[PDB]
Amino acid sequence: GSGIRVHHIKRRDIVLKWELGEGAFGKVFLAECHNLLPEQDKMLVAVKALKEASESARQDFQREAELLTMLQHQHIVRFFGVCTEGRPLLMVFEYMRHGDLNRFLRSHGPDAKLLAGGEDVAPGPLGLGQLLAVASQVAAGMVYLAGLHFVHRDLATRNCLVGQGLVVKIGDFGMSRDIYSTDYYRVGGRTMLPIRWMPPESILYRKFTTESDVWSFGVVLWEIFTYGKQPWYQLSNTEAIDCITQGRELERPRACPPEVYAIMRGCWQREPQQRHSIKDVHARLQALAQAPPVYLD
Ligand SMILES: C[C@H]1CNC(=O)c2cnn3ccc(nc23)N[C@H](C)c2cc(F)ccc2O1
């Protein structure tokens, strides 16, 4: 009985257009939703399918739907509601035209193998003030979630989305999409963690706290200032564990001013208690975004 009213959607108002992608045993479609909300009579959305419909996965779904319904913020991808009328079970979010932040970073790389346009952003390397803008918006999401003592255990550019005008929001939480993803380390069976993003207290004592998140967010900045590079890409899953645990730190990115590296280094304090409040990290990134310091070669 007692719970959050989750907006349910008729299958007739949902027209699947094509696969955007496929992960977490749940394909993601572009689709058109008719009369979802009165402002637009027909409107574009992303939709998460479910590959399995077992009663211990329909439970996963109701929790996710409930939790998603409450977690409403500027920098968290709008959730419109679900659809259980037919089968496969559907979840419906706003469409983010630039897809996941990690791809988007790699495609505004210098290393980028081809040029990617769009009407709302220059091709080629992004303005430091934009890089910071991105960071700033992820930090605004993280702050909200810390607000509700929510802990995202997989903070990474891969789990963020980029929309019209370079709006950046948090887009995924649980149920890791790519099962053959190289960022995740297989520890049991059906148990994989994004080691490279994880702080020592998490690899060692398997403890995850808003501080663990802050740590993880420092790596997100690193990813953001490397146009989506995999942290410790030269190393192996065990080598990275060694590095993190020994206390080795990620090098400064070439593109990365020392004022930001500084922020990163305060996210990576070995003492969880000695890591900067996310709120303070957000503040400084917002400030820096407002007046981007100059920095060459
Ligand atoms: C299929 C990929 C790409 N998604 C979209 O391009 C895409 C565009 N808009 N949008 C909305 C939700 C959504 N994907 C998209 N959810 C999925 C599960 C998702 C979330 C992420 F944080 C990152 C990637 C991702 O799915």
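Here chain A follows the PDB entry for its numbers: 497-793, in order, are the residues you see. As the structure lists them, so they are numbered: ligands from 1, and atoms in each ligand from 1. This deposition comes from X-ray crystallography, 2.9 Å. Reckoned from all heavy atoms, side chains included, excluding hydrogens, waters and symmetry mates.
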(Q) Mind telling me what drug shows up at ligand 1? (A) repotrectinib
Q: Report, by its name in the PDB entry, the chain making the most contacts with repotrectinib (ligand 1).
A: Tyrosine-protein kinase receptor
Q: Name the source organism of chain A according to the PDB.
A: Homo sapiens
Q: Provide the binding site of repotrectinib (ligand 1) at 4.0 Å, counting non-hydrogen atoms only.
A: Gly517, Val524, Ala542, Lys544, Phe589, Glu590, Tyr591, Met592, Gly595, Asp596, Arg654, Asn655, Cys656, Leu657, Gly667, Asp668, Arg673
